[PDB]
Student: 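This entry shows crizotinib within the model.
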Amino acid sequence: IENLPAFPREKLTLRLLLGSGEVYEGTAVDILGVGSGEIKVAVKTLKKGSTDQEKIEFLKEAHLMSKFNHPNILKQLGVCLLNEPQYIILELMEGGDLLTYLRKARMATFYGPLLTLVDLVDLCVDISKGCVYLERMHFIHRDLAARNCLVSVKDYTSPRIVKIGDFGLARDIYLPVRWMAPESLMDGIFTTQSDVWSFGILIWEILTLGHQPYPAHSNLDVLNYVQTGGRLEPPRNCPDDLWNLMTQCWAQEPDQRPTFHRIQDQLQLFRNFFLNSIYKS
Ligand SMILES: C[C@@H](Oc1cc(-c2cnn(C3CCNCC3)c2)cnc1N)c1c(Cl)ccc(F)c1Cl
């Protein structure tokens, strides 16, 4: 019998509003144990006065993430459901969403990016470990994208971890046109193989520090371009092993796309290779 982690509302304390749906920073007395103390959390709230299909999506999400336990999957820590507004209590990720974290890194100083190739590869490895998990659990995400991942620290010096964070469109399988495989766009079909297509777009976002896919193309024009068999341009000075990986993720045919195990393999092998190459210089 599926139990959501009921958390005592009076033990929760909201504070800072983050954005819009409605996200607050806050603290929660003892979620992570008895001597847990007042740990910091994020809080997702469902409207007082929202659509009932919003409440249904709200609950379905809450239930979906109850299922997960993985380092690269955002923890849902508690819920406050017996009163409105309902609260979803999530571990706090102080870096905000991946996409913002990347763009700030790019734009801080033209001395250069605050994230190096090795930082960026570790991001890719992290998210890939999470997709391998989702697949092992027979879930398809259907909306992989940096805007949907979260970074654990705000700064660019401290050890960081990225997690897949928003599962509003995930489904059990046991616009955003720029991220969607061509099948998904023509036929409305989604699979774990279309998840690989969007992941390839994702690591392209990471390696360009949060650039817009197909900058040359309006939303309407995008499907035209992909139709052409056209694809993204390589990120500037992208390592050839990584470009090969992405390109393979966007094979026009779904069964020629690599698997997430393979994708994680590729990423760690490259990382190994690159690390070794520097140390024996
Ligand atoms: C639901 C919300 O949760 C969090 C948001 C944040 C956060 C911090 N900052 N910000 C925004 C502040 C305004 N500019 C954009 C980032 C969002 C941190 N931890 C969270 N658990 C969230 C957001 Cl807001 C975005 C993407 C996600 F995948 C998720 Cl899961």
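By the PDB entry numbering, chain A shows 1934-1953, 1957-2110, 2123-2229, in order. Below, all heavy atoms of this structure are taken into account, side chains as well, without hydrogens, waters or symmetry copies. Numbering of ligands and ligand atoms starts at 1, following listing order.
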Student: Of all chains in the model, which has more heavy-atom pairs under 4.5 Å to crizotinib than the rest, named as the PDB entry has it?
Tutor: proto-oncogene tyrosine-protein kinase ROS
Student: Report the binding site of crizotinib using a heavy-atom cut-off of 4.0 Å.
Tutor: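 At that heavy-atom cut-off, the site is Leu1951, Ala1978, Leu2010, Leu2026, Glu2027, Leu2028, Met2029, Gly2032, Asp2033, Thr2036, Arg2083, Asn2084, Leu2086, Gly2101, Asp2102.
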Student: Which crizotinib atoms are under 4.0 Å away from a heavy-atom of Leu1951?
Tutor: 7 (C), 8 (C), 12 (C), 13 (C)
Student: For crizotinib, is there an N or O atom under 3.5 Å from any N or O atom of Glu2027?
Tutor: yes
Student: Please identify which atoms of crizotinib are closer than 4.0 Å to at least one heavy atom of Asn2084.
Tutor: 28 (F)
Student: Any nitrogen or oxygen of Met2029, side chain or backbone, less than 3.5 Å from one on crizotinib?
Tutor: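 Looking only at distances, the answer is yes, because the N/O contact criterion of under 3.5 Å is met.
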Student: Which of the numbered atoms in crizotinib are under 4.0 angstrom from any heavy atom belonging to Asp2102?
Tutor: 28 (F)
Student: For atom 8 (C) of crizotinib, grab the closest protein heavy atom and report residue, atom and distance to one decimal in Å.
Tutor: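 Ranked first by proximity to atom 8 (C) of crizotinib is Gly2032 CA, 3.5 Å.
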Student: Looking at chain A, which UniProt domain houses most residues near crizotinib?
Tutor: Protein kinase
Student: Of the active-site residues annotated in UniProt for chain A, which is closest to crizotinib, and what is the least heavy-atom distance, rounded to 1 Å?
Tutor: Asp2079, 9 Å
Student: Which crizotinib atoms does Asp2033 reach within 4.0 Å, using its non-hydrogen atoms?
Tutor: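 So the atoms of crizotinib that pass are 15 (C), 16 (C).
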Student: Any protein heavy atom sitting closer than 4.0 Å to atom 19 (N) of crizotinib?
Tutor: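 At least one protein heavy atom is under 4.0 Å away.
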Student: What is the organism of origin for chain A, per the PDB?
Tutor: Homo sapiens
Student: Return the residue, atom name and 0.1 Å-rounded distance of the protein heavy atom closest to atom 26 (C) of crizotinib.
Tutor: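 Here the closest protein heavy atom is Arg2083 O, 3.3 Å.
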Student: Could you check atom 5 (C) of crizotinib against the protein and tell me its nearest heavy-atom contact, residue, atom and distance included?
Tutor: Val1959 CG1, 4.1 Å
